[PDB]
Amino acid sequence: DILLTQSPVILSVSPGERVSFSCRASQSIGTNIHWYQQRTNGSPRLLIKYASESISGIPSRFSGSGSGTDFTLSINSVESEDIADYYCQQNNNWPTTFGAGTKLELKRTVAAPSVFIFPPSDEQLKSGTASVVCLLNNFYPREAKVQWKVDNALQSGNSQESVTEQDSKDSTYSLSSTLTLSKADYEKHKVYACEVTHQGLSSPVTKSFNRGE
Amino acid sequence: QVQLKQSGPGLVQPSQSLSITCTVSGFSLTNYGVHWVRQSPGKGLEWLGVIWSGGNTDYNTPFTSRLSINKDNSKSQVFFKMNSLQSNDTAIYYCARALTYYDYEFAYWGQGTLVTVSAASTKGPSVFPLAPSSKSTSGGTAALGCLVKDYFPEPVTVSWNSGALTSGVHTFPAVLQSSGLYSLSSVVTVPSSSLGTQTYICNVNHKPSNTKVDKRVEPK
Amino acid sequence: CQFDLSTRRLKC
């Protein structure tokens, strides 16, 4: 089988800049190479066929070149809609094989998160479990710290984080930190606080509530 | 136009067999072959095989003895079946169609079917509201959402107001809890002045368990 | 990197 090596694994560029993806083959495959785009939650989308040939409906800023073993997909002016992974495919030799992909991340200006905290619903409390949700919305860059404190006690190991992929319109991320505890533990305490630390904040932002008011 | 629609996602027990149906339209299975591709964490994109216009099949070498592809031209259906699945057969399976009848440049894809190989049982989620308040309203913008808790396997689909509300929606990646069940939240930011005028409903659908919940989310 | 079944995106 032909092995396809895509490099680097991650590319990070600013909007309007040009970007190139490399796809190298373990032996010569002529121009028998196809490129695909995969956006968040998508199926692959065919961008280029046979190294350089256009595909109907694909923006003209996508192009490809190369022959033999060394191939290049290019975007001459990146847009936030181009946030995705990019794959090459060879079909000079059976069976057709794909490379491992290159991730395209976009740079942008720093954006501080908006922070919101949500107490557990009375509905969930009927089940004997309490989830406390701290939302960090529309920020850049990805790095952020969420510290949970219940009645001034630092909480550790009982929260889980999830981060969206980059937004295709404004290039920001959002993050959810969910603190989970039993209904008994939740009822034995009063002050629930998440503290958020981000490069775009000039000091930590604390959102909190008292169980009740 | 050209479309490929696959059957829904779901669980298959280890050493059992997987079945996906691909229903095509905008072209005839008598004129085009239909290919099958999967995408897994361990091995990325793998071409599995193809059934051609005239009924012949090719299977990628490591799958020749557990893969069977069949079709019904009149009904526009292609049937993928794969035997004795192991955990690393967990992947998104796609059907696909090439630009020309003989080629392999895949210009049309199905939406993918996430198949989970696991010995566990299917479980629908509970849906809890993430209610807007003052601790979730700054500058005239309120945040609200739905907690989609304790389901298995992936995926679950979440939309807002039956598809009419998309702007400002963030549906977070699911995280696996220590219970082995998934949990996620879906949030949306809206004008706080609209909270007494508009209804906000998260439409949750866990197809592997046929669990469909519409959760109205209200100021507490 | 590694393909993520939840997001259909590479996780590095």
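Chain A is the first sequence line, chain B the second, and so forth, proteins listed ahead of strands; every chain is numbered from 1. According to its header, the structure was obtained by X-ray crystallography, 2.5 Å. As a basis for the values below, the full set of heavy atoms in this structure was taken, side chains included, without hydrogen atoms, waters or symmetry mates.
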Of tusamitamab, lirilumab, retifanlimab, sonepcizumab, cetuximab, which one sits at chains A and B? cetuximab
Could you tell me which macromolecule makes the most contacts with cetuximab (chains A and B) here? Its name in the PDB entry would be great. Amidated meditope
Name the residues that contact cetuximab (chains A and B) at heavy-atom distances below 4.5 Å. C:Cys1, C:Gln2, C:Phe3, C:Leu5, C:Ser6, C:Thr7, C:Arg8, C:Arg9, C:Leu10, C:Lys11, C:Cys12
Name chain B as the PDB entry does. Cetuximab heavy chain
